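Right, one structure below, let's go through it.
The sequence lines fix the lettering, A, B, ..., with proteins before strands; numbering per chain opens at 1. Both ligands and their constituent atoms are indexed starting at 1 by order of listing. According to its header, this structure was worked out by electron microscopy, 2.8 Å.
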Amino acid sequence: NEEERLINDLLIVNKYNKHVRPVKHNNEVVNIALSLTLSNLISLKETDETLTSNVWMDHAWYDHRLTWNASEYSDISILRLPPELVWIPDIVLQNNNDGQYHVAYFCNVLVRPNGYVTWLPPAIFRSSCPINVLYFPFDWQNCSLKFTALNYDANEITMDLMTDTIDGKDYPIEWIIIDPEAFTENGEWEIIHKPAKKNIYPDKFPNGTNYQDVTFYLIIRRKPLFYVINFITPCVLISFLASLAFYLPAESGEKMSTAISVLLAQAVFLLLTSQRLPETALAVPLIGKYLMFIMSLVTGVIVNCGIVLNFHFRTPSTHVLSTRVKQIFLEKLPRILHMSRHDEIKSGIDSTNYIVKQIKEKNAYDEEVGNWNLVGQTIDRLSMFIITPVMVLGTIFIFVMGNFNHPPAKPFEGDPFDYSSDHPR
Amino acid sequence: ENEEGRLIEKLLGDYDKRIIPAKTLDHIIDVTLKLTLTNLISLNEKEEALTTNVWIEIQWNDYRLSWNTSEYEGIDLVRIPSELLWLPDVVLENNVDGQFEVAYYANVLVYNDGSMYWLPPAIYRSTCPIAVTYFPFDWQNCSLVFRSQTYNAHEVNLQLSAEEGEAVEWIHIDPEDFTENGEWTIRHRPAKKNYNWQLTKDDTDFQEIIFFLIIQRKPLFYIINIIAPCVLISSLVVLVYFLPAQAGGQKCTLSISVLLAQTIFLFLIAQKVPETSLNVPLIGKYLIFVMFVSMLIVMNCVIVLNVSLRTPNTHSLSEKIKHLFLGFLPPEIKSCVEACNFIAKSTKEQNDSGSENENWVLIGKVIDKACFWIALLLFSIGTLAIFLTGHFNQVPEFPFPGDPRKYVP
Amino acid sequence: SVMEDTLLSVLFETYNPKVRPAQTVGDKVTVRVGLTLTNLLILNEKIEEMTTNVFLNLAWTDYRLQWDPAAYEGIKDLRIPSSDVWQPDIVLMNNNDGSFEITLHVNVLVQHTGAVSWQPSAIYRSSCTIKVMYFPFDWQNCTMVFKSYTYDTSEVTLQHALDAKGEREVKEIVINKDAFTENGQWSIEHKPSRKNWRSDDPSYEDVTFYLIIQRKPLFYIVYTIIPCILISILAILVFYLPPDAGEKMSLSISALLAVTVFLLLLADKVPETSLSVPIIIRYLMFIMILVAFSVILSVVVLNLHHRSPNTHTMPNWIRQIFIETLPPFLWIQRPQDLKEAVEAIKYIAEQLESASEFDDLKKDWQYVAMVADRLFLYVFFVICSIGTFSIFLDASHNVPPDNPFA
Amino acid sequence: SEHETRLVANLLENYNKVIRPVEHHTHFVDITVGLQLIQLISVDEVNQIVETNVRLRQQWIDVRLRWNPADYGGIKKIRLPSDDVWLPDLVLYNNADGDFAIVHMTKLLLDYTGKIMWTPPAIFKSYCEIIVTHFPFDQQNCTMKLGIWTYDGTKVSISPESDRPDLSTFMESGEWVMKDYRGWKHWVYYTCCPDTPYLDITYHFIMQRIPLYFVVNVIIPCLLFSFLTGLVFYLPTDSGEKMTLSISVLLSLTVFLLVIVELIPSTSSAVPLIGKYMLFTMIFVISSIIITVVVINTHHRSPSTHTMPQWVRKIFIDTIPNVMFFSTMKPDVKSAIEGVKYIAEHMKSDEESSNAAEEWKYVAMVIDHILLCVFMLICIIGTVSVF
Amino acid sequence: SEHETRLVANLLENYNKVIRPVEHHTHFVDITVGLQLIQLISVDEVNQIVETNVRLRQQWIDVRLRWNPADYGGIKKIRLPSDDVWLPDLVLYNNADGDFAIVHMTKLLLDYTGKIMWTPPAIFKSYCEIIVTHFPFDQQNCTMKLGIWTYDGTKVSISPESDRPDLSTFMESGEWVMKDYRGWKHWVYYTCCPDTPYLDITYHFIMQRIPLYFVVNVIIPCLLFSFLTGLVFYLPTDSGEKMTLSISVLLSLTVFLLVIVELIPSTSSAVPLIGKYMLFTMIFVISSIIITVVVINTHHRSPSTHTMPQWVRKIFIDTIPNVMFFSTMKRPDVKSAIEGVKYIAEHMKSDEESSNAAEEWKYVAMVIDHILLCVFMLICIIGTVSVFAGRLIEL
Ligand SMILES: *[C@@H]1O[C@H](CO)[C@@H](O)[C@H](O)[C@H]1NC(C)=O
Ligand SMILES: C[N+](C)(C)CCOC(N)=O
């Protein structure tokens, strides 16, 4: 095995110093090509605002000290060296959530006889991804992985996007690579765009380590079928039950119970929706807006059912049916709303007259009570016609505005480039 | 001057800690184990893990670390850090996490004849498959399996410690350092050397030392906080048979609410038992039973309401039904005259209809009483039976049913 | 390069990184400490810790790391692994976990004059005492105490870090617009830095960085306060329902249980310290007690409504108050056969008259119930509105001071 | 042992653990890889991660570590620390919450012919695509993709030790049952490195869930509450409790659906059959509530403002009742004279209005019996179908 | 510093850190141990673990590490990495979830006389026997047992700095109050090693819980619902809502029972007074439900089939109403027409008789409700006064 002799010559006889940049003159710059391969988008915890990714970092650079003549040795055209024996660039994830900056596994580098070193370690990265909850669950998120070289300044090593050849001309790899042989498609998040940019900040200096970085962006769209089936449909049905609660007769004794139960169910749904989102004040979630609107509407329904019940249970003994309310709720509105439609003889005479008078007063009282009942029916019919259209229109508007929300079809609004793998620039 | 310095320099000089200290080719190192339990920290039901604070005592003989005490001013015991010495890789194999080895690598007590005495502390989390059949009246049989991770039975001979010739076949418990769990009582604590006969003296898994912990749960907390409230609330169903069968009686309200309370209790139990599917916990069986009984009582309330609130308009009271349920189980003058006649007739008809309604109400009441007696019997028998079979789950008298030995010091 | 290797060999021929650089016995090493904030990640209120992603800008002078650039092909500064040079054990003293030291050990920059600069990154979890009084309309005062764990004032002199043009000290946390993510739940109001001593300990000195942050309460508003306002509206309503509806207890009890559930589920997010009751919990308790009193008064009104002569006799004071005085103020103003047939008619008439009198007394009781209910409606509306407005006005007037006092 | 000490000193004297163990660099190292499943620690459906306790058995030949047993007192095997010799870098491709490589550097067994046996333990937290279609009666298929990371096929070759993983010492789960398990070797061409193939072994375990915890804790209460749905139709309107019962049933059903939503991942690849059935049950219950409100409204219809239409009288009073069998349904004296006549007339009107109201009540009764029969038919056909 | 560099090179040139720092193997190393408490991170009552942020100050003499300042430019103190010199193996015996020994090898201070002062930090997660019997008004006494592991008293000896741990820089908890704290030294003889004593220092802290949080968030709602329990007796039976109130109170209490059980550890050594009081309140609500069901049954008793017993009438209409002073209780075809009027009159008489009997039953039910309301208010106030030995009402 001449690999042993070659490695001994390269590292021992040549006195390779792992802590010196691979340059021949101190003022030279080491070019580091960098690309990212996404093998699995493990999760996106909206509560923690964290993106967990299974990625392969691809570093490539030139080390003139690791060159050899493939003929002087046997025809050795490649060599695997551990990363703790050779100089490597310390490219770190700056926007990580936990304290994990580097790659998970420090695998061997691949060195070619011309000094071209490559390093393709795997990593589990937990980046910081602010969550835009404005259109939840019809939302798309814009996560980024920003990689910086904090060990050397921009005057000493230059980051770059890795290039690729198609017809002899080099083109940079301006996207996250998705290898079909090693990519698992997430069941909840669909990758729309995945550009990669090499940012420079001119307000800083090449003196230091904050002048450059390579950022890999990930515009992912949520698949909303799960939330539509499990959170929105039951909520909508239970909400419509409230509008239905207007059709219960006041004698049923369950108008208030029905409306209250609908409100409580909506509150439970609101709390469970709160459980699933970050506690940020940027905007109220779309479903949160819908739930607040529907809870307010159902509270109005409860109040109006209370008004209907109060009107229904009035009597002449405590209220007077005025002419205005009578002509409003028994003449105009019912038509507007198309609603349907020897002393013993003397004592006996006196007693029967008293009985007749009492029955007449009782019948008049019952007539007044019936008029009050008709007023209550008119009021709740009007309430139904006024509220149910508001409920259905609000529901449709809120859930059509959410459905009419797509990623912008191009990352970097000002950039006309597509940043797609199929059309390198 | 500390002669231990030059003694240890001599001993560890020209000493390879990677080499098993076998004097000859066929020499088998005897490694002696002894577990001292200081605290049973917890038995996490959800993850089925027993956490213990133990001192594991490991003893072997390393002939390389032997000296003549006369040459070192009578030094016959030195402490050498365990990182510098050959150790038998004795590990806890049935660990829930990846922690095979001890937590703190203490020093090794090395005696002049080569005897090595290692007593490191350890927090061990070991798998305990939990049997929920009699929760919360259950006793668990947790095990700690120790074996060498590196050397097979041809190299290292695991054994239990023996003092005064008698082997210590139990988890030792030092009175100077031991704390009662407060939820678990240690009933038996045997230890035995086991063999995997499917393997041979190679493969490193042939031999092992198993320390057992048959622990019994104290159920007073669970009784008072879960079972008594559950039984008390479940007993409320039988009250629905004394409420009136009309609007405002609220039979269905009470029944449905008791059912909902039982559901809440089911959720409560779900937070206390493991999520395994081998058996249903006894308390879970009781909860399912009472929920089913409350569903039956809801049905019976609906049926009694339907029977009681019947009218001649909708339903006809059959003579057979009435017998069964009430015999075994329990110019101007003429116009004025016509007006009076009709008034009397209408009053009589209304009164007759009222009487029929009253008969229906009586039938409902009789059904209600009979079904009350049935429901009370059913609920009482179910509760008594389930919690009596719970109360009769004794810990076995012997640690191993086959053996007649008690495995106690 | 070869020359860099030669320089490294010369510099570290006899360099001991265990030894603090004091060219003469008694010299003190001046260490400039500055903090750069890249992300305020979490302010966990339950465990009372703040998680931050920071750079720790350290600077000091090591006389042993000096060389002439002209003698080494003009090399003016080197990047060296941090473990090869002495550095002050600058740590976060008030960490919540056991992590005192940095996470990322970047290379130190050594200039030919001996000046050493080090900017290691770290994810620090620092303990923050949370003032729960105005939660969620609260501003927190979280600090990060940095000092050398090993060396005291007799050995190292902590100073403030200099700005880019090293002419003036930066007595504040530095935030880089290019690399900084806003929390979205907290806004940074002040970020001063200050050196602190101890009068009872002359060997103690640290550089403390303060983060005066203000919470954005939109989440808590939307998800806790407005629903409770709706519940309080229902509680007020319960006094408009007629007693005959048979739904007064349903409504009041539903409101009570709803507010209780809201309190139970809010108990997760508030801290568990007992130094004060947060304004949100105080509002929830106020609403819960108000709804409980609504339940009690609804029970009283129901009891009054269902009385009759057969069971109760109306006392003088009830009639005086609820029939006469209050209603004006509440605007709630309201041949043997013939002889025996005659006897039967007499009996029927007497029954009707007695029933009328009985029903009149019952109507008086029901009117008393109605008037009391209207009074309760007005009183509870006033109390609920005033209390809610007062509580939230007190919350709204809670802002961090203009002067950070540090 | 003096002989073993001398042997170990001689073996690792000039040994370089960075070089591949091959006499010639054009050869390859054949590594026999076997997986031994010790225990299935957990299966996180929500996070789609499977945590397993495994022992990764690896075998290969290192010619640099040969010796003649006769020269070392007849020693034929030794145990060496893993760190002292070249080791293959097997990586779990689908790692999700753990380590990519082996971190437990245990000792390995070395034979006098150079053969090496190394069986380090590991806790693999691998990604598991969960199929929620048949939850909680579902079976899961998720794998461990193991392959050499940096060495291609022409430098390091791995072969499966056996066609299947070793489950001889497997601890029974209590939540899952291993129906099947196998390991397949693959030659994969990656876009990084298109010239040469990289070898890997994917071990998959078909594990069927034991559906008793979720049957007891989720399905049974849901069945109870759903079965209570039909009781509403048999509850008379006069009881004033139809809406209470129906609303309680609906609220309990939605509570249990929201509980189920927490037991499964939020992926949209498949809709669980349990979730779909619960949604359909809620739709049915809400339709029943709609019809119950209609029945309640019908039962209280005042004849003053409503006259029964002919199409209702003909059908609900004359057609269904006959069809459906199982039920048991069907001076001043002149002033006094005028007063008694007025009383008689008021009884005329009261009797007529009461008759109309009773007709409305009868219509409501036949309607809810129709609904009850429909519900019983649905329940019977459903319970027969599952059997 | 050249002088310090030479000194550090000379000190460790032939220094073996495996050997005890004694000039003769007969002597013992005297180690002064002082525990400084910085912060009380947590007290996990359910898991019975106390997390504390501490500094473990240790001082001893190492005669191998002495130097003459005059030969080194007058240097009198240096900082050495703790991994370079011999360190005592001081172990936390009752560790439950953390490390047994010190893991943060911080630098130590070394005088020219050989005196060493080493104060590493540590997070101690020690086992804490939680006594849930006066929760949330309980005080806890759980400790930290520190001792040299592998050396007996004749080889390495530990002595406390002071009778109490140092809390000079202690950070106020906000959930607990430090009442007392001591450090006691023990000579323990273990069955492992019965010939020589092993030295031990057990620091213990008495923690008094501040109960405002738990009071407000748990007890006040429970007290509110318990008080509403007895209100069901003032609710008239004609309302048709008594079951609603009682059952809602019962459901609220079962939810709060869920909260309580998830609040405290499952130990059965002592019965938590909070749990016992919750069980008693549940029995209270159950008795309320039973007796109000009895009242509802009495109110609706049909006079046709039930006739009021004489004793019932006497007790509940003639004697008890007079005892309640604060209550406002009360204490040709013409023939056919003639017989029609006859029948109307007779039916009205029978109806009046039945209605009077039913009204008597309702009066009895009302009297029973008043009795029970008085009794239940008295019981509720007596209970709420005397729970937790009155500490609730005192607060
Ligand atoms: C930073 O760059 C500026 C502009 O070239 C220069 O004036 C300054 O001296 C530099 N400082 C350092 C520390 O490199
Ligand atoms: C082959 N692959 C992509 C899994 C890892 C590549 O590692 C190398 N070859 O450096």
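The chain in largest contact with ligand 2 bears the name, in UniProt, of Acetylcholine receptor subunit alpha. The drug candidate or drug found at ligand 2 is named carbachol. The heavy-atom neighbours of carbachol at a 4.0 Å cut-off, by chain: A, D. Nearest protein neighbour of atom 9 (N) of carbachol, counting heavy atoms only, is D/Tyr198 OH, 2.6 Å. Below 4.0 Å from some heavy atom of D/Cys192 lie the following atoms of carbachol, by number and element: 3 (C). Ranking the protein heavy atoms by distance from atom 2 (N) of carbachol puts D/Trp149 O, 4.0 Å first.
The part of A/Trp56 lying near carbachol is the side chain, judged by heavy-atom distances below 4.0 Å. What the entry calls chain A is Acetylcholine receptor subunit delta.
Considering only non-hydrogen protein atoms, atom 10 (O) of carbachol sits nearest to A/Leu110 CD1, 3.5 Å. By the deposit information, the source of chain D is Tetronarce californica.
For chain D, no UniProt-numbered transmembrane segment (first one at the N terminus) brings a heavy atom under 4.0 Å from carbachol. Assignment of D/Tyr93 to the shell around carbachol is supported, since a heavy atom sits closer than 4.0 Å.
With the cut-off at 4.0 Å and only heavy atoms counted, the binding site of carbachol comes to A/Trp56, A/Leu110, A/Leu120, D/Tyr93, D/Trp149, D/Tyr190, D/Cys192, D/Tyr198.
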